[PDB]
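Here is the naming used below: chain letters follow the sequence lines, and residue numbers restart at 1 for every chain. Atom set for the values below is all heavy atoms of this structure, side chains included, hydrogens, waters and symmetry mates excluded. The way this entry was determined, per its header, is electron microscopy, 3.0 Å. Numbering of ligands and ligand atoms starts at 1, following listing order.
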Amino acid sequence: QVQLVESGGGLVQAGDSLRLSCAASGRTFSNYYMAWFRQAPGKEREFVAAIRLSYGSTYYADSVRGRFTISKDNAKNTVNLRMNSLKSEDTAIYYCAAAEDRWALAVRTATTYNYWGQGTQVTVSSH
Amino acid sequence: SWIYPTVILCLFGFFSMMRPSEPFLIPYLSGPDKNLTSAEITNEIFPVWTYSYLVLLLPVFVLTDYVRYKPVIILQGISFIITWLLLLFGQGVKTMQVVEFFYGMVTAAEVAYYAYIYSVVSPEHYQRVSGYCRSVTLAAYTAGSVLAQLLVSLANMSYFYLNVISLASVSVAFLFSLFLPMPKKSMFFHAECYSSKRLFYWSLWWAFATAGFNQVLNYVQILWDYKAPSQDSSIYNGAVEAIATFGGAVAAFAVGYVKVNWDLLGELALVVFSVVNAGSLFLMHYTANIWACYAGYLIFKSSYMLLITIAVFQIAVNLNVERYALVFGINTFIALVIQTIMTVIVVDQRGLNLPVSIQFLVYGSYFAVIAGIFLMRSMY
Ligand SMILES: CCN(CCO)CCC[C@@H](C)Nc1ccnc2cc(Cl)ccc12
Ligand SMILES: *[C@@H]1O[C@H](CO)[C@@H](O)[C@H](O)[C@H]1NC(C)=O
């Protein structure tokens, strides 16, 4: 069984940056898509950014494009997401999900991923 | 009488195809002004161009015939303007998908440019005029490419201003388009060939080779970016594209000039050129040198032109001018269907979603397989 654990989220003043890390354990992770979604109160779960572990291919959402960067640190089986110039519209709970690489995989669809983390809350406060 | 429409149409074509920004699309899309990833560009944005082109081909072929060709040329100019405005000021993946849809519309509407001459120029002047309308357009593209490089290297311009220049060129082309004479008649609306085995055989090879060529062209730039990242190393996409286009034109001219019996040597020469295209693609895939990948692209383009010139000559040896339109329309539609199947299976995110680092292995295998199958039937 796969287990995804997220860390890093917290209260950050608007305009700063923050790094989130999702560590996957319980298996050897080399042929999985690792994606980040977010959900804010009164809204639906939104795609943030995905990475293909095997090839390193990366995908972003237009809302966070140019500000968020997703990378992988294989040394600890972790996927990182660095967010810069955070705005108040980024306040949410971020879930890292893992999907098995296979034919016809919809990266941006939340139903594609069968492994989800407990979620880490990122709140952006504007002074 | 033909000089006025010929000159106006050639001016429109030259300014429409003069696009300094074309060679530097991938460095522009993936640059710091659009920030799109190579996976998003290759597996989410670019495939759309095929789909729209396949969808809009037949309707536009009939519209072009019913509503005469000038309106369709003006629509192509408007589509050019909209596409380049969205490229200049669009941001995000969805806007790029719309841009691909509009560029597919432009490619579909390109048929009116080459079918317009028939309804205005007497049969006597068809051949030469067509040649002009072709020559000019090819020169325009080459010129643009060279200019782009001369501006990227010496003038140190940005990819944004190349797109600005392309927008200005397409705007001038549209203004010229507004002055073409109205055609008074049309081939079909306003006036069984495949039974021959040779026509079927040559059309099949033409369609498959065209599908492969267009698939390779849509992602050659992504392959170059993969091998030589544009954000850290000097790139020569304009010069390479100009030299490859010149080599292809020279290959076509050489095919035309040299007289040889293609009924007998055609299959042998075409198999050899398909093998050369496969080998060049294998070299692009395997080689880690960027100069080797440029040389492979040059060889592939020149050899494909050597191929397609002979294929078109064999198809069109006995076809009439009126039947050219429908036969080549069917052949390009079948080529688009094949390319769409290949894109859905290979490139699209709903298929294998292969990166560009493996796609050219598939393309080389595809050309080698075409050669292998066509080599058959010799005995038994
Ligand atoms: C004349 C251009 N052609 C024949 C080359 O001789 C090749 C175009 C393929 C690739 C380089 N270029 C695009 C691919 C996909 N989509 C695009 C959309 C736009 Cl707006 C511009 C360029 C696009
Ligand atoms: C593109 O990304 C760079 C940072 O990687 C950023 O400076 C720039 O503002 C972005 N431009 C856009 C989103 O147009």
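Looking at ligand 1, the drug among hydroxychloroquine, azapropazone, ribavirin monophosphate, fluvoxamine is hydroxychloroquine.
The chain in largest contact with hydroxychloroquine (ligand 1) bears the name, in UniProt, of Thiamine transporter 2. Other chains, heavy atom under 4.0 Å from hydroxychloroquine (ligand 1): B. With heavy atoms counted under 4.0 Å from hydroxychloroquine (ligand 1), the transmembrane segments of chain B in UniProt's N-terminal numbering that qualify are 2, 3, 4, 5, 7, 8, 10. Nearby ligands and ions (under 4.0 Å from hydroxychloroquine (ligand 1)): none.
With non-hydrogen distances under 4.0 Å, the site around hydroxychloroquine (ligand 1) consists of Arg19(B), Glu22(B), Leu25(B), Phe46(B), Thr83(B), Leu87(B), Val99(B), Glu100(B), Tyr103(B), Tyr141(B), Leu217(B), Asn218(B), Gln221(B), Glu241(B), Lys301(B).
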